[PDB]
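Here, sulfamethoxazole is shown bound to Putative acyltransferase Rv0859.
Below, chains carry the letters A, B, ... as their sequence lines are ordered, and counting in each starts from 1. Start at 1 and go down the list; that is how both ligands and their atoms are numbered. A restricted portion of the entry is shown here, and the contact count covers that portion and nothing more. Keep in mind that the numbers below use all heavy atoms, side chains included, and drop hydrogens, waters and symmetry copies.
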Amino acid sequence: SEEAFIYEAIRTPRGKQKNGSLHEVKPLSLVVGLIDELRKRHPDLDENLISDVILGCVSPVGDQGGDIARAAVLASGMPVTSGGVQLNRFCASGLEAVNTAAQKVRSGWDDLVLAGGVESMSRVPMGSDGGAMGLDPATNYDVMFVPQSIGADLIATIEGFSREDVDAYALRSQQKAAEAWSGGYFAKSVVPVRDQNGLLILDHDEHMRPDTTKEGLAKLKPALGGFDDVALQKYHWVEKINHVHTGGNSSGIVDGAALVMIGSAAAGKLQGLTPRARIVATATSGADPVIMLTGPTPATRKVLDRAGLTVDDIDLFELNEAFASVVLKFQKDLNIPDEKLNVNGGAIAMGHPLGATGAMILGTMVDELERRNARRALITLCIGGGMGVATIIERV
Amino acid sequence: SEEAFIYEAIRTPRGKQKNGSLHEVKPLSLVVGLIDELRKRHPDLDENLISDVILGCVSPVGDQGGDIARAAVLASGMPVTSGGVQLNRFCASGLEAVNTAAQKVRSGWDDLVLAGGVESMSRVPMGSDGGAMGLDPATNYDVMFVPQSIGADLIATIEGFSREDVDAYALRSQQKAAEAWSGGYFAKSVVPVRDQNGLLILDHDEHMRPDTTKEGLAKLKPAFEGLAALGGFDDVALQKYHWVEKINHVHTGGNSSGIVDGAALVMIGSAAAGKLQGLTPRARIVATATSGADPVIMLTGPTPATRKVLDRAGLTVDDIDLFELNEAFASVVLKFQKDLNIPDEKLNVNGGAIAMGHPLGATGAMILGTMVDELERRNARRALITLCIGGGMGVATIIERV
Amino acid sequence: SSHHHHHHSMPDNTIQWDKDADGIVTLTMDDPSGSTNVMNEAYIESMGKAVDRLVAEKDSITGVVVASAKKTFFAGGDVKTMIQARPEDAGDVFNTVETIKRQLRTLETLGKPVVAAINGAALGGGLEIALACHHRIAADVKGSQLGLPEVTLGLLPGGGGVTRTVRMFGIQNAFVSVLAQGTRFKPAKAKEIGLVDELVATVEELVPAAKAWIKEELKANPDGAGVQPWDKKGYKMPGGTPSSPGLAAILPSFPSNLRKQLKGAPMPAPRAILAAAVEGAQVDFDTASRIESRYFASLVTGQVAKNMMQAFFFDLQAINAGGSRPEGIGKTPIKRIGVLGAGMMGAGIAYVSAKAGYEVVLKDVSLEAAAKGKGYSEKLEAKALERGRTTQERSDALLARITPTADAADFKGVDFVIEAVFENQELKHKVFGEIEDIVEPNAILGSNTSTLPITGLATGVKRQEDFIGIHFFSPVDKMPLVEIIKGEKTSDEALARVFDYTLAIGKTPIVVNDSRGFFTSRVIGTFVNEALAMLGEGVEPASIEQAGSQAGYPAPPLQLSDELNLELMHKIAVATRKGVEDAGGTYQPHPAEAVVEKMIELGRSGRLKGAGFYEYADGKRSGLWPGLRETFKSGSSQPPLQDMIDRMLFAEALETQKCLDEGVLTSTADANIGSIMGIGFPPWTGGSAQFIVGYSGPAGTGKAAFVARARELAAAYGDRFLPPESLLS
Ligand SMILES: Cc1cc(NS(=O)(=O)c2ccc(N)cc2)no1
Ligand SMILES: Cc1cc(NS(=O)(=O)c2ccc(N)cc2)no1
Ligand SMILES: Cc1cc(NS(=O)(=O)c2ccc(N)cc2)no1
């Protein structure tokens, strides 16, 4: 019945982990800044019609605890009837908020919902929230807990991706990310962060090393347990894991946030908003918790059956660059064309602010569909714990 | 478009805080015990059709961190495609999980979803996650941060609820909770917690004080065992409510919700979902609504949220057979009863959190399944469940028996 | 990242250099442009050169000593420059303190011990220079003070004070003790808390003890030489970090306890200090130091700082520098004071006069009443003995200078009369006539009058020259202002003698020309009347008191109206109504007069009669009278809270402009400080006159916006809010 439309999709720049510009900025004030930008774009928007604010956050502790979404509603002066809820599905928390918001609009019990995520990894490091899956000896044996870097190395070992193969995609992501910045692709969707005085704090992606060379990537080097032995205990047909993933061919640890406004056609009509894309379908899948990073392939196929589409029907494929082997495995399975996959750079170059990544690359595809005058795009991410998500958008 | 139905809604007994029985039980084990109970009810159910497990948790730290829902999916051996996600909307996280699960079914992109919550407050106390609204002086000023204890006393101050009034409802809750337990109302929905050897750990809401007397509640002292005992929050609250001279501190530990451990699980699915798995529907999710309120009183949220869910379903106050408001504080219920003219015989007929406890992230799903079993026992049709939320929010849900 | 202020394309030097054969550099600060080392543009470049030199010669330097060749050490910064910082200049303000702290951070992290030679006042930025050193030695000289009084001017310790004090004592202790109120510390108390480490007798021992401490530190502590406790691996912030469970349990109460004390007033300085302190404890030192700069630039470019810097610095300077004093006059010393009347005023005048070392004779109508007036001074010394703020040796000599008496001849040898009898004109003529001849001939004849003009009171004495108005404020032991009223026949020497007397007892004087109501009691009349009229209009008393407290007043208006006594407020209106009808006119009464007269009919006319707007029992104040709502139909009028606040602030600001127009006040400085220290005007406004030029409302900022808001109040409440022609065009 009610179709869900994307009206605005903005994001903050990504400040690097060490000596980052966003290290002095609380993660709450990052979300408030994006709320003020939506106010600037639509000053006559009736914020009373905004019924919920959904944010994704993998480490909701400290500066990110206590329902950071509700804190963003009250600190920004939004109406108290605007809700505010925080969710966490590991790496796909940002896109899960978008999907849940769209599903809330389709049910008819929500008219205008803000969705997104925030993750200040320099202030709240990964794993600060603890977790029974990793810090409880009973569970850490049942789920066969292994860090995602080893699951990625296990992917490259089985599929046959060499160190040069993963470093090739790493160099490719750095080149396409700089070309997007130089071309002004991210000019309108990247809202620079400023202090309480208006002074600039950050206006670009710091983690990008655009002058990367294939010789420098090979200089990089690839961790205190038997996670290798634990992984090979389930994958008994492979003798040794080839650790090909370094800091230059994996996702970057950065701080950042992203916001997406989702509503029905009547919500934008009443509030004078113009739709930019339509949420076609969403799907949730998973794969075994050892390899962990093979969720995209079954999740993408599931979202294609729902929409009745194939790989040849999609114009752009956006997969989160958590690790290089994850993208090469996803590209090899579905035979994704090399010119449709992460066309405006990826997380290896720009970063992976966990809870905000799924909402960042979501709006990134909204821009490229409108820039190329294309039609469809499929956004997917690999999830910790062995889950997978997928979302198809159609330009309007 | 697709109708969402409740097929099973179970919960664990609520173990008290000090010297509690569920203190030695990891909160993840509380959810796996409920997952294993569903398999005991329907051994032939193809769990591959379960696409998501949604749990509410207000303090997702320590034993409750790292997507505890996913840990439940993996530790209990559920299919790896069953997802898992935690959500935090303060006191209504348990119902927000069911409302989101229902909305996930209405979109048609999710068929069978498990929803509920978990909160082991004897192991993970409130505030363990921190938060900018509390631990940031800039945010703590813009958002006039005042704990729920003062907002409850402020409601009783404005509406004129005396100390005997709030203590009268506390006795009322303890009485109706004991009648429900002694009457066997909870026999089939409160799954007793056992250990790795099948030995009994807890099979009742051990926070209940059933022999409570009016004279006993009067001897209790006003709340001064938390952040409220520090100071300033009374001055801060009256700076916005400047027409009020003095806040009458009437809420004690006997007329407020109990600090307990517990968990709840609800299975929501479409009409075709339960048909394929051979599940008999018990109730239908009619409508949900979410409206907030002023963040200083922060507990008047149930009043507008109940009206918006009635207007969406085309129903009035007279069409609801049972009302279930979370007994966070006595004044929150008296305010809700005074506003909408709720008859006394329909409001929390089987006790509430004052007697049985309030396991934050799991309460919304606990009191939800309570009404699903009471609608069938009374053979009534409609029931409305609502909660007051921290920060000044509200969530209401209408269910219809099938 | 450079120690200098310009990377592009001529100030003086204020720091000397001296390296010894041991390798110790003595940085002696000596600014030639003034008698006090300030944190001006010259100091930044002077220190920028020295710190650059400490690095290029680090191979021949073993330690550093920071000394001063002035009486003080380093008192404050350049207020004349900061008060002009526009919001556009936020980038330059941020880079300035970031450059200042970049110098101190290198001095601090030099691998060599740095000792401070605090030879005097180390206030504000000066203490920030000392806190950057690794060891501090203070000379226990008289007059030396150490603190961070940046909050009193509307600013914050932006040269590392907030970051370093929290690193030494934690968030809670550094905020309360040093940062929040900017309290000044004596050298003994400074060593006691942790600001200073050692003490010496004279200033000639500082540099020797500084170099001696360097030699022993390099000898017995070679590894930790020149390393602060937070630059080590195992630094544990005292009291914990915001991520600590013990501190997290009480951290949410700091903004509420601060809002409890500020009473909801718009003072962003303490709020910003607490923010920078907590945000600073979450990150490293350098990241915290940068956050401190952003909150600092947030205050300098604001309006509250420009009001507090104008009043509590520039306006306070002109007053203490003889701006209101009559010029070309000598100082006639005082030998013995005689206070007439031993009430709450007369006893308070006798205490503050005897505390300064003056022999005071306390006369009343009986020995039972005069000795009981001296008991007001005894009951305060027993409080200062328990708190440990004075010694028995110095307190027994304090009460010994108070001679209570009832015989008028005991006023022999008195060269300074301060009358505090009842508000009755012919009584003051009667009181002064009894003793005008017994006192010395050229004695000051002062009168603590509230409304009666000094010109009329002077007719009851033979020498109208030495008759002057010395207006005090109860409680006299705490109120720091003395309103001096100049009668028509009052000479100029009497103005200067009472001016010097005010500074002698540690108070602030203002000079006011003789007029009905003077300036203090007249303007405060428009304050309590706007609240009383508001109560008669049907506004809730709780909302009135809340609006009065959130405006910035020390006491709410209805509470003040009980201590001001409503029967005297009825007498003022009858006196004002008489003067208009005596001149053949038509008196337009104030809407508050009917509220006063109604309280008289009910018998609740203030605290003195045990009942007023509040209920009084057991001496203390209980609460608002329950019969107040049904009497005035409270609740039938619910105006916005900001309208209640503005109606009280604008009534005084507009009434202050009349005093400047009518010739009552002669300077804008006496209008601001006289209203702040006299009637308790909110300090964030910078004074009742500064409130006009520095008004910051939602419609604008400045005199044009003040007039606009006055016309909003005028069209909605009455013509009394109409701005005079002196504010228009
Ligand atoms: C540390 C840390 C956090 C973290 N979370 S994770 O990478 O999301 C993860 C979750 C489940 C499993 N089974 C493995 C990894 N993993 O390590
Ligand atoms: C401490 C602490 C946390 C906490 N959580 S809370 O009760 O959910 C809450 C949330 C928002 C506001 N404004 C007040 C209280 N309450 O006290
Ligand atoms: C403060 C302060 C000064 C002050 N002046 S005062 O002279 O005491 C006074 C007396 C009566 C009336 N109606 C007004 C002021 N009163 O409080």
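- Going by heavy atoms, the other chains that come closer than 4.0 Å to sulfamethoxazole (ligand 1) are A.
- Using 4.0 Å as the cut-off, no other ligands or ions neighbour sulfamethoxazole (ligand 1).
- Measured between heavy atoms and rounded to 1 Å, the nearest UniProt active-site residue of chain A to sulfamethoxazole (ligand 1) is A:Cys91, 6 Å.
- Defined by non-hydrogen atoms within 4.0 Å, the binding site of sulfamethoxazole (ligand 1) is A:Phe90, A:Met126, A:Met133, A:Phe145, A:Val146, A:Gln148, A:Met292, A:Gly384, A:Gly385.
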